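Numbers in chain A track the PDB entry; the residues on display, in order, are 187-402. Because only heavy atoms are used, hydrogens play no part in the values below, and waters and symmetry mates are left out as well, while side chains stay in. Determination method: X-ray crystallography, 2.0 Å. Atoms within each ligand, like the ligands themselves, are counted from 1 in listed order.
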Amino acid sequence: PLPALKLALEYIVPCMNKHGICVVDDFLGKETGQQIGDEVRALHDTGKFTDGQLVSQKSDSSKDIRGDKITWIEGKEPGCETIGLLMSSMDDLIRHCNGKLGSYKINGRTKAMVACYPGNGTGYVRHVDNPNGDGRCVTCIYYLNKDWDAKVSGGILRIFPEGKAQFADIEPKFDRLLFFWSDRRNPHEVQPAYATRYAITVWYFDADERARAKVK
Ligand SMILES: O=C(O)CNC(=O)c1nc(Cl)c2ccccc2c1O
Ligand SMILES: O=C(O)CNC(=O)c1nc(Cl)c2ccccc2c1O
Ligand SMILES: [Fe+2]
């Protein structure tokens, strides 16, 4: 459903409230997805990303292993127009969920974090996005890896939902949109990536949790 409204009301709200996780495929379409892919790859090739999260040292600094590289995008930067549009689509979508996602009242968003795992076997250890109540209630991730083959490239996002035995494996599939509670209900990890892996994350703020963040 293109109008975010039907998708938000008939799928996203119900899914988030029952599962705390929601997967939406073919969110923007091939044409738009590829345009974002192209903008993200230009950022990388023009050196706009960091050098990567320091994974290992071992006192010889050229034997230092670095992982995910990142860059923060506000949405208006020249050359990042399609990303700004993606961001606007996530926003319109969240706006349609107002008063429906838990008992939260979203009133803000972080800038978009574009992450690129180099594909050198690095990943992201199990973690909780917001474990100390910093205001972030919902994590939103947009994937842009065409023909991703987890069986050969790894890089699967594994979420250990609620506090129930199983976990949920989600492939960083092209044009896929993902939503999940940012707090302790969703510990998760990015398994080792053996191929270049791109994703765009945005975190939405709950009005109350954020307002008291400096005093909690
Ligand atoms: O930029 C601002 O208005 C103040 N920033 C924040 O409130 C803020 N808080 C958090 Cl927890 C994050 C967390 C990640 C990235 C950006 C953040 C951010 O801008
Ligand atoms: O990309 C994915 O499928 C899942 N990614 C994450 O869970 C993730 N989380 C955090 Cl908090 C960061 C934080 C910084 C850079 C990358 C991150 C990341 O990829
Ligand atoms: Fe995360």
Asks: Which macromolecule here is the main partner of ligand 1 by heavy-atom contacts, as listed in the PDB entry?
Replies: EGL nine homolog 1
Asks: From the options 9-aminoacridine, FG-2216, BMS-564929, give the one found at ligand 1.
Replies: FG-2216
Asks: Help me out: UniProt 2-oxoglutarate-binding residues in chain A, which have a heavy atom under 4.0 Å from FG-2216 (ligand 1)?
Replies: none
Asks: List the closest protein heavy-atom neighbour of atom 4 (C) of FG-2216 (ligand 1): residue, atom name, distance to the nearest 0.1 Å.
Replies: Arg396 NH2, 4.9 Å
Asks: Protein heavy atoms near atom 15 (C) of FG-2216 (ligand 1), is at least one of them under 4.0 angstrom away?
Replies: yes
Asks: My question is simple, although I want it checked carefully: is atom 19 (O) of FG-2216 (ligand 1) less than 4.0 angstrom from any protein heavy atom?
Replies: no
Asks: Is FG-2216 (ligand 1) under 4.0 Å from a heavy atom in the side chain of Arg322, in the backbone, in both, or in neither?
Replies: side chain
Asks: Numbering the atoms of FG-2216 (ligand 1) from 1, which are under 4.0 Å from a heavy atom of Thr296?
Replies: 15 (C), 16 (C), 17 (C)
Asks: Counting contact residues of chain A for FG-2216 (ligand 1) domain by domain in UniProt, which domain has the most?
Replies: Fe2OG dioxygenase
Asks: Numbering the atoms of FG-2216 (ligand 1) from 1, which are under 4.0 Å from a heavy atom of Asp320?
Replies: 11 (Cl)
Asks: Can you tell me which residue and heavy atom of the protein come closest to atom 6 (C) of FG-2216 (ligand 1), and the distance to 0.1 Å?
Replies: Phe391 CZ, 4.3 Å
Asks: Is the closest protein non-hydrogen atom to atom 8 (C) of FG-2216 (ligand 1) under 4.0 Å?
Replies: yes
Asks: Do any non-hydrogen protein atoms sit less than 4.0 Å from atom 1 (O) of FG-2216 (ligand 1)?
Replies: no
Asks: I need the residues around FG-2216 (ligand 1) for a figure - heavy-atom cut-off 4.0 Å, please.
Replies: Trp258, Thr296, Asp320, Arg322, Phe391
